[PDB]
Amino acid sequence: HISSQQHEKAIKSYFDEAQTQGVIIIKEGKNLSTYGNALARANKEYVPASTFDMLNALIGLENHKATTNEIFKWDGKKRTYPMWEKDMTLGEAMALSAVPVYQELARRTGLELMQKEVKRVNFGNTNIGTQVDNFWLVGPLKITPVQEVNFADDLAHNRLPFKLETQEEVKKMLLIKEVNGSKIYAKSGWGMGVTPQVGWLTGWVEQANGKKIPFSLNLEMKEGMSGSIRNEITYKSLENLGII
Ligand SMILES: *C(=O)[C@H]([C@@H](C)O)[C@H]1C[C@@H](SCC/N=C/N)C(C(=O)O)=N1
């Protein structure tokens with residue numbers, strides 16, 4: 001039916017219409033596909049921002065710094081967003097992208113064990129510097145869209161070097177949507193303290209029949225852009241390609 005020239009044009013147009021520059025990478029089996037209106041972003045490094053929450057949670061659970069039902073208490077200080085002003089589990093923090101919880105979890109892990117775990121997993125440029133609580137927000141940790149989709153593919157298939165149960169626990173935190181028998185698992189990201197600002201949505205689709213299709217959207221966020229544009233472009237793309 002639909003030519004690949006048309007698929008490429010439809011998906012480029014989604015990014016064009018949002019007046020941003022971005023790419024979305026799809027992986028089917030071993031094969032990577034790059035779509036969007038800025039294909040060269042695919043092998044450029046950007047801060048992972050909140051997408052790091054996935055690995056942060058993996059490391060924390062594996063090293064017994066937390067459990068999946070522990071409540072991280074709000075310390076009562078004003079937060080950037082009122083939705084963060086409450087007690088929550090890692091899983092709720094994952095859905096709300098509650099940075100203060102992931103910061104508390106990074107601190108419990110500590111710089112030393114974090115650096116080793118990040119090197120061990122080979123995540124991005126694997127460099128976390130000297131500040132345990134912000135390396136994924138302002139650098140020096142960086143990662144490419146290709147690396148992110150490969151990380152997602154790894155997690156989707158339990159290939160990261162953590163126990164199966166750790167991986168399963170983190171994955172259950174990432175379920176964001178069901179669409180005609182397809183389950184979408186994803187982590188969003190928005191690096192507000194870098195110039196320019198980077199937007200992420202990294203995840204996979206689990207189809208009815210069990211096949212898992214990893215994706216990673218990467219784009220430039222601009223002042224007065226809605227966060228849900230990351231989702232809308234992703235769903236439109238995955239739908240255009242008949243993945244969902
Ligand atoms: C991670 O990338 C972010 C951190 C650097 O600030 C958080 C902040 C949110 S913005 C709106 C929050 N609403 C969530 N339900 C965000 C994001 O949308 O990814 N990531």
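Counting begins at 1 with the first residue of the sequence. Looks like X-ray crystallography, 2.3 Å, at least that's what the header says. Order of appearance sets the numbers: ligands from 1, and atoms from 1 within every ligand.
The drug seen at ligand 1 is recorded under the name imipenem (bound form). The chief contact partner of imipenem (bound form, ligand 1) in this model is named by the PDB entry as Beta-lactamase.
The binding-site residues for imipenem (bound form, ligand 1) (non-hydrogen atoms, 4.0 Å) are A49, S50, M83, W84, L96, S97, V99, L137, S188, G189, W190, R230.
Some N or O of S188 is nearer than 3.5 Å to an N or O of imipenem (bound form, ligand 1), by distance alone. Below 4.0 Å from some heavy atom of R230 lie the following atoms of imipenem (bound form, ligand 1), by number and element: 17 (C), 18 (O), 19 (O). The deposit names the source of chain A as Acinetobacter baumannii. Applying the 4.0 Å criterion to heavy atoms of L137 picks out, from imipenem (bound form, ligand 1), the atoms 5 (C).
Lab note: covalent bond from imipenem (bound form, ligand 1) modeled to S50 OG. What sits closest to atom 11 (C) of imipenem (bound form, ligand 1) on the protein, heavy atoms only, is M83 CE, 4.2 Å. For imipenem (bound form, ligand 1), the atoms closer than 4.0 angstrom to any heavy atom of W190 are 1 (C), 2 (O), 3 (C), 4 (C), 5 (C), 19 (O). Residue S50 places at least one N or O, backbone or side chain, under 3.5 Å from an N or O of imipenem (bound form, ligand 1).
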Which pairs of nitrogen or oxygen atoms, taken one from imipenem (bound form, ligand 1) and one from the protein, are under 3.5 angstrom apart?
residue, atom, partner, partner atom, Å
imipenem (bound form, ligand 1), 2 (O), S50, N, 2.9
imipenem (bound form, ligand 1), 2 (O), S50, OG, 2.3
imipenem (bound form, ligand 1), 2 (O), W190, N, 2.7
imipenem (bound form, ligand 1), 2 (O), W190, O, 3.3
imipenem (bound form, ligand 1), 18 (O), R230, NH1, 3.2
imipenem (bound form, ligand 1), 18 (O), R230, NH2, 2.7
imipenem (bound form, ligand 1), 19 (O), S188, OG, 3.0
imipenem (bound form, ligand 1), 19 (O), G189, N, 3.4
imipenem (bound form, ligand 1), 19 (O), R230, NH1, 3.0
imipenem (bound form, ligand 1), 20 (N), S50, OG, 3.3

